[PDB]
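Entry featuring ouabain.
In what follows, chains are A, B, ... by sequence order, proteins preceding strands, each numbered from 1. One-based numbering, in listed order, for ligands and for the atoms of each. Computation of the quantities below employed the complete heavy-atom set of this structure, encompassing side-chain atoms and omitting hydrogens, waters and symmetry-equivalent molecules.
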Amino acid sequence: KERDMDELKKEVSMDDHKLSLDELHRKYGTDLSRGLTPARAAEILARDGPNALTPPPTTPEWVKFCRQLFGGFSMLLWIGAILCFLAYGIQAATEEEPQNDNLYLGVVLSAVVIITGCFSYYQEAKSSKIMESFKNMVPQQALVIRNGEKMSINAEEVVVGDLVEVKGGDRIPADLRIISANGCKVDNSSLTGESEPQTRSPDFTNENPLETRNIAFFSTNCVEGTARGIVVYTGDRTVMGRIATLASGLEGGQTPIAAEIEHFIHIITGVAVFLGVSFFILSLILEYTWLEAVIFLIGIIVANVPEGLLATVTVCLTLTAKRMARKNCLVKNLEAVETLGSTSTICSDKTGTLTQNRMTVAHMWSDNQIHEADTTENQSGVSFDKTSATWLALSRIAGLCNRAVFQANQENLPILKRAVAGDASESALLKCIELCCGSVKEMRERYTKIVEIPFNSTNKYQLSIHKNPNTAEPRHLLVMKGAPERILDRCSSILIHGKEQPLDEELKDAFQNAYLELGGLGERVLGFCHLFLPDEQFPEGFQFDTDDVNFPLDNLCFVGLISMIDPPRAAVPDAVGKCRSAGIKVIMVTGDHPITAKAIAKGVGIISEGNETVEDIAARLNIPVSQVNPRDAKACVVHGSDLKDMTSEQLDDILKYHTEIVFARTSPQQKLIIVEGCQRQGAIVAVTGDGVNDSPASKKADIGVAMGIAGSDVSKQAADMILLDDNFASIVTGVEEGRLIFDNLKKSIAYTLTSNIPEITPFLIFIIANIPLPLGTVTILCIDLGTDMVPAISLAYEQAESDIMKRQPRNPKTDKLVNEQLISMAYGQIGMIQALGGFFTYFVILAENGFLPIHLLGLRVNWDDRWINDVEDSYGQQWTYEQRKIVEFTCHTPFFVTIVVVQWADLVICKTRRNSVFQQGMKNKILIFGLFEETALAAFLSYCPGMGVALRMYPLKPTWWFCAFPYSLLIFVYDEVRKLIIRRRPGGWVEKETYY
Amino acid sequence: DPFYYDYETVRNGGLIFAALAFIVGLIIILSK
Amino acid sequence: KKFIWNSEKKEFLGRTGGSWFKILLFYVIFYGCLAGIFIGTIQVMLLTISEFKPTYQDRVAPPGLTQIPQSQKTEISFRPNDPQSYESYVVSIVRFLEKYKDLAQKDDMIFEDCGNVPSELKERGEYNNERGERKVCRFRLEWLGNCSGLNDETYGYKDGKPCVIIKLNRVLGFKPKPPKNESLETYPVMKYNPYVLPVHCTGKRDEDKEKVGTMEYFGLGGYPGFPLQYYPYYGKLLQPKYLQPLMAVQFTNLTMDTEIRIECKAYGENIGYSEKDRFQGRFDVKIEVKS
Ligand SMILES: C[C@@H]1O[C@@H](O[C@H]2C[C@@H](O)[C@]3(CO)[C@H]4[C@H](O)C[C@]5(C)[C@@H](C6=CC(=O)OC6)CC[C@]5(O)[C@@H]4CC[C@]3(O)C2)[C@H](O)[C@H](O)[C@H]1O
Ligand SMILES: *[C@@H]1O[C@H](CO)[C@@H](O[C@@H]2O[C@H](CO)[C@@H](O)[C@H](O)[C@H]2NC(C)=O)[C@H](O)[C@H]1NC(C)=O
Ligand SMILES: *[C@@H]1O[C@H](CO)[C@@H](O[C@@H]2O[C@H](CO)[C@@H](O)[C@H](O)[C@H]2NC(C)=O)[C@H](O)[C@H]1NC(C)=O
Ligand SMILES: CC(C)CCC[C@@H](C)[C@H]1CC[C@H]2[C@@H]3CC=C4C[C@@H](O)CC[C@]4(C)[C@H]3CC[C@]12C
Ligand SMILES: CC(C)CCC[C@@H](C)[C@H]1CC[C@H]2[C@@H]3CC=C4C[C@@H](O)CC[C@]4(C)[C@H]3CC[C@]12C
Ligand SMILES: *[C@@H]1O[C@H](CO)[C@@H](O)[C@H](O)[C@H]1NC(C)=O
Ligand SMILES: [Mg+2]
Ligand SMILES: [Mg+2]
Ligand code: NA
């Protein structure tokens, strides 16, 4: 009955916050100033559970090891092993002196599956282990008032309905219902994505529990001020608790690479059983009994199973994941390394993902001129002009009149990433002055503060008077900051290049348009002013006690505005541009306010400059918004309030007719609804986030990307990829590698799928032509799992043939990893030539040793007989059993060598899919070593002492090594002219039939 | 007699070829 | 998704008609060229070998030693009474000796009377085709006494005390070289050491050697071996209807209703052996005359 449990969790939360203090205390039974008796607290603590989310579902290690032992590819190898032992049982119980070929082959296939499982499991376990080294869960004790006394207890010992007090810096324990605040501002960034610190007031403001100010939330941090509140929700019943529990209980889906491997097996077994059944009927039509034909059916089907392609594909994925871990972009799931490239719609988060989630001084005003400050996370941008007197005055106004200071350990840390104590706005100002104006320590103590005035509840103004240390004037320096509408009413002089001027409207209106420019840009602006107090009316001994009008409120000297906002990360805009260049639809999904979301969207690239929303056109024409046709608006902003009243068809139309979309004020549950709406179109989705609100969105997405440090633990676990460096450019690297390894997997698969024809054709014509067996089983093992392993592994290291970040994302319904152009190449054209070359070396060995090829027909009847030791060749000679068997095995060895010789050309042509081998170039050192080791190993297997005894591989007469050269050269020339016609004629024949 | 083949020399040459090609390939993947 | 068979916009089994013809025509031309290339190279390969001699002859260095009753497991188990029990043996013996009858060797243009006494090797020039079709020395069944007879169409052989003739693997240009007069313990054997390849049979262990009481050998002129006057072989092309030497072996005193192992080892310098091939040089048999 878990369906209903999950459905009641996909719904946005309800509440009872809108209640009078008396109704609240009556419903919960708690003293508003004394809380409750500790006995009542323990009575609830041992009644519903400690205030902590239920731990995640533990995943025992034998479960995921058994998981790696199964799947889709390893399962095909499992059914192959099963068929091997079934065929071996039949051959054992039915005929005399049965052979151990099928049994050794079955145990080899089982070993292949087990070893691949061990390696893949070791890799995924390594990812999870290095992930556990990031859980630095430090216990945090809450300040709870019970029985009339203040006590600090563990966060888990907190219960429902008890007074809890929070101080600026402390973390909100459970979901509180504020009862009394004192200029308290909390941080709803990790939960609701609200960037700027939202204040918390005891009065109910909004019907939505998330938007209202009478509710503090689990895992949120009280930035500044102090407050009180009654715990309404505790443990898993909390807001972030319901979000996390929803995240864990969601579906992961099927990755695109997995679906490609599955369809790949569909074609592999399709032709395998087609050949097996058609040859089963063919063998029965010839002469062989049901006993023999059944063994033929199993032999042909099992032979068409790429035994080593499993290890090669696993190593391929592991290599690309290694490169991902090199750039601090760790992937938890191995196949997740491919999903970024196949993505075609990225749903991103604003606060903490698209942005730095930190207030930063954006722009400044001076000399009626806008000066943009560097807002990069690492300070690698343009520096404004810092040589004017207006700046030397404005910088002192900000550095002095501000309740912001660095803490104790803030020494070795950089100027930006270091922690600042106080308001977020004051923190941004302190960092900007400490960065572009030397230091604020000696600059603040240089002007001894006399009397200050903090921020006011109404007409919010902050002023302070300081002594003047200049060596030319002893007049007192008074400074004040505040909202521009509060400072314009208290200003008459204006600073410019060092001198003063009146409040002429020619420049005052120029100040107003600048205020609306920085304000309309989604930023928060503040005004800074100062004035020289006359030391004749206020001498150096006079003390201006903060009571009456000791300072002139008006007639001040305005220096300039200072705006601020959370800026996007450094490589965020360029990365968004790269994704759009690759044809990836970028859609912003955030719960922040739309006025800021739209500005950041235009600032990073989600909304292209010039494109207009449905509201922008109505504003440019001064007409109602209900008149403009939505088709004339490319981009669109969708509010969460409006999103709640939407159907499936409406959301489908929103994504189909609008190319640049921004979802604002959307709840985490709505984020999940949006991700599902994107998946309904049939496109691969990647969700990039950091907060707990991104957990249900990262989980249901085809691939989730969590920020390694600025992210929450729940969204980090429910994700499929972690960015340990928080460099958003890693998404671009990922989408590039996902396409790169996709193409390389295609090349390597065509390589392993090419050798199947010369591996099976000997047995096929052995059944038809009744000739001695041309190729042996152990030799086939030496090819599939011996020589070919290094070349196929090296085929992963191939680079881009053209610009992959230029082509559009692959269509999942069209660009399959293994299409009929690969089957037409490997099974149809290259493997065919390789099989003919093998048979050529075969006939050479037998015709040179006395058995002319024409004489080999119908010879296997007496050839395989173990007692007819007088088998006439073409010259009338009599061959014993072991003598001719020595020739057959010393005929299997050059067939294997022939395979290596033709694999040289097949590897060189498979290395390039469209380019020429000279255009691309043999720059792949792993491939060079692949050919050297492949040939050296093939030679070693034939000339090592005792191989005709152990592996029954006998030494070769050197001329055998040259019987396969013309076939390899032919393979290379054919594929080269193939890629030449593909280049010169990109229309359709060579491209739509062979180019795979 | 034509009923004899110097298999030891061919075998020895093949083993030397296998040794040299492998050490050369190792030098190839060790570009220094 | 698996009913892509057809549509009103044409497709059959997956593609259209005009596409099926293009692919089929391409595959026919492609595979045709592949066939022609394989045939041309296989022809060059045929041009690298001659008609009178195999290029590599080292894989048949030690000639084999076969017998007439090609048993399923080199075992001779039958009943001295039931004629159908030993039918499979006699049938193969008569068919084998069907080409050795006096009527089969009647043409004097391809047959040459070697002699009643084993003589030295007979080299008929070189192996080229400059000379005509060489002659093949005759070998009448009378040479194998007590294992030939003048029977009718069916050679009534030995029911009790059976016969098992041995044959040396026909090898082109092979010149048998019997051991020197310094014979390193080759059991009882006649003094006709220089012009006949000796072949001596025996048991396999202390048990088999005791069960097998007496053995009687039959050959050319009464010698247990192969005469050198019938070697070397000049291939089937130059010497068709060639009759390699034969030598019979009869086991008179056997222990009826008992399976005993016999090892007929052919001796000589040019005769090698093999611990892996029990037929190279030597020869094994499991006789059991169960009554
Ligand atoms: C008609 C039949 O022919 C001979 O046997 C034949 C059947 C069976 O015995 C085997 C050994 O088991 C088969 C086996 O089945 C399937 C294979 C493992 C197969 C695969 C390669 C691969 O990669 O996957 C599958 C290709 C051929 C194969 O390698 C061997 C080759 C030796 C052979 O011996 C051949 C004997 O002479 C027998 O006595 C006589 O009855
Ligand atoms: C071939 O078989 C005949 C039997 O038909 C053997 O002839 C006997 O020989 C012994 C001497 O060994 C005489 O005592 C008998 O009187 C003979 N019997 C007959 C009916 O002739 C003959 O010895 C056998 N030949 C060989 C070489 O063993
Ligand atoms: C043939 O073999 C038989 C054994 O089957 C020999 O005769 C036996 O001799 C032993 C004494 O050594 C006696 O105990 C048996 O009773 C005898 N059996 C028979 C059936 O006579 C016989 O000597 C052998 N003959 C030859 C010529 O080798
Ligand atoms: C396409 C070209 C560049 C490949 C270059 C490598 C070629 C020339 C190498 C690869 C394997 C080599 C063979 C390896 C094994 C044997 C057996 C040895 O006892 C004699 C040499 C001989 C017969 C070699 C001849 C040269 C050979 C065919
Ligand atoms: C005209 C050109 C392009 C044709 C290219 C293929 C040529 C080079 C191929 C075709 C047939 C080949 C021959 C096939 C048969 C033999 C016997 C073998 O035991 C040694 C190699 C040898 C001697 C080959 C040498 C190379 C060869 C002549
Ligand atoms: C072998 O030696 C014996 C005597 O030991 C002799 O009678 C015989 O003629 C010799 N044969 C040859 C070929 O030398
Ligand atoms: Mg966030
Ligand atoms: Mg294979
Ligand atoms: Na997932």
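- The structure holds ouabain at ligand 1.
- Here, the main chain in contact with ouabain is recorded in the PDB entry as Sodium/potassium-transporting ATPase subunit alpha-1.
- The letters of other chains with a heavy atom under 4.0 Å from ouabain are A.
- The site surrounding ouabain, defined by heavy atoms under 4.0 Å, contains A:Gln91, A:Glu95, A:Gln99, A:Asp101, A:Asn102, A:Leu105, A:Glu292, A:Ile295, A:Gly299, A:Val302, A:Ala303, A:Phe763, A:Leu773, A:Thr777, A:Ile780, A:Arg860, A:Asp864.
- Heavy-atom distances show that, of the ATP-binding residues UniProt gives for chain A, none lies under 4.0 Å from ouabain.
- For chain A, the UniProt transmembrane segments from the N terminus with any heavy atom under 4.0 Å from ouabain are 2, 4, 5, 6.
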